Amino acid sequence: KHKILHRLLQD
Amino acid sequence: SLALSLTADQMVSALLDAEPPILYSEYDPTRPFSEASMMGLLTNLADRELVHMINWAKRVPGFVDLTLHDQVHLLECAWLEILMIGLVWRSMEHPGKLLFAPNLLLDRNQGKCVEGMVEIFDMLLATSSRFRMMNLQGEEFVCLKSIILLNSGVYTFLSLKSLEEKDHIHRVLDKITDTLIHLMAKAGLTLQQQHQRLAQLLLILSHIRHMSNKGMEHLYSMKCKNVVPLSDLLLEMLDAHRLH
Ligand SMILES: C[C@]12CC[C@@H]3c4ccc(O)cc4CC[C@H]3[C@@H]1C[C@@H](O)[C@@H]2O
Ligand SMILES: [Cl-]
Ligand SMILES: [Cl-]
Ligand SMILES: [Cl-]
Ligand SMILES: [Cl-]
């Protein structure tokens, strides 16, 4: 839950 | 399991609707090219496209059915291949040039501005030439792009239910395969020609992989030389390949 990519995938 | 219940036509529609927009570079014609500025332009653009790519991925049937950690892995593996195949497609109609953006069209001599880049340009230019020879169609391109996303990374998964999870990916790949054949059958190709064009298309992916591997090492060399400051997303994307 720390990678930027992970965050953007969650939206 | 909605993605595995789409007809070919619906599959094609879904992928066309999913297509990201073509972005403009921050190119200023009143600024003379340098190694730093060129790499600045290309990385800034790529950094802006990554966000759209993430949103496109979510619309590729099957992709949202994977776990978040799977989704991250596929994208980390494929992002540069996906940028490159979009570039090559945009460029198909401009021989001898790469259309990074509509306001940024570069030829091989301009690639010489950045150390080590011209060999990448030459391969990217060669790939668009091949696309043009083959008369690659937009419906074939969106299938190919999705295949890249689902295929690159599918065998490097670190691991539970991993097996069962990958099974779903292979089912979707099979659906995309069926969709391509459908396209070619609809365009009047005989059975034999259908299998032949399918192979020619998939064999290009090998070259796209190779180009991505080379481009990735080049980008990493740029980072190490501090040529350009890279964005945090692009850095993460690059570091996921764990080069040197
Ligand atoms: C990664 C890269 C800069 C961004 C380019 C790039 C930027 C935007 C885009 O849509 C596609 C591409 C594909 C080529 C990319 C370059 C290959 C490397 O030689 C170079 O370091
Ligand atoms: Cl933008
Ligand atoms: Cl310079
Ligand atoms: Cl030369
Ligand atoms: Cl036939």
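Order of sequence lines = order of chain letters (A, B, ...). Chain A is numbered as in the PDB entry; the shown residues are, in order, 686-696. Residue numbering in chain B adheres to the PDB entry, whereby the residues present occupy positions 305-463, 466-550 in order. Indexing begins at 1, ligand by ligand and atom by atom, following the structure's order.
- At ligand 1, the PDB records name the drug as estriol.
- Among all chains, the one with more heavy-atom contacts to estriol than any other is, according to the PDB entry, Estrogen receptor.
- Other chains within heavy-atom reach of estriol, distance under 4.0 Å: B.
- By the criterion of a heavy-atom distance under 4.0 Å, neither the backbone nor the side chain of B:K520 is placed next to estriol.
- In this structure, atom 18 (C) of estriol is in close contact with the protein, since a protein heavy atom lies within 4.0 Å of it.
- Close contacts of estriol with B:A350, meaning ligand atoms under 4.0 Å from a residue heavy atom, involve 7 (C), 8 (C).
- Within estriol, counting atoms from 1 as listed, the ones closer than 4.0 Å to a heavy atom of B:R394 are 10 (O).
- Every atom of estriol with a heavy atom of B:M343 under 4.0 Å away is listed here by number and element: 21 (O).
- In summary, the atoms of estriol found under 4.0 Å from a heavy atom of B:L346, numbered by their order in the structure, are 3 (C), 4 (C), 7 (C).
- Of the residues of chain B touching estriol, most belong to the UniProt domain NR LBD.
- Ranking protein heavy atoms by distance to atom 9 (C) of estriol, first place goes to B:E353 OE1, 3.1 Å.
- No N or O atom of B:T347 sits closer than 3.5 Å to an N or O atom of estriol.
- When distances from atom 7 (C) of estriol to the protein are checked, a heavy atom turns up under 4.0 Å.
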Pick out the protein N or O atoms lying less than 3.5 Å from any N or O of estriol, and list each pair with its distance.
| from | atom 1 | to | atom 2 | distance (Å) |
| --- | --- | --- | --- | --- |
| estriol | 10 (O) | B:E353 | OE1 | 2.4 |
| estriol | 10 (O) | B:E353 | OE2 | 3.0 |
| estriol | 10 (O) | B:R394 | NH2 | 3.1 |
| estriol | 19 (O) | B:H524 | ND1 | 3.1 |
| estriol | 21 (O) | B:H524 | ND1 | 3.2 |

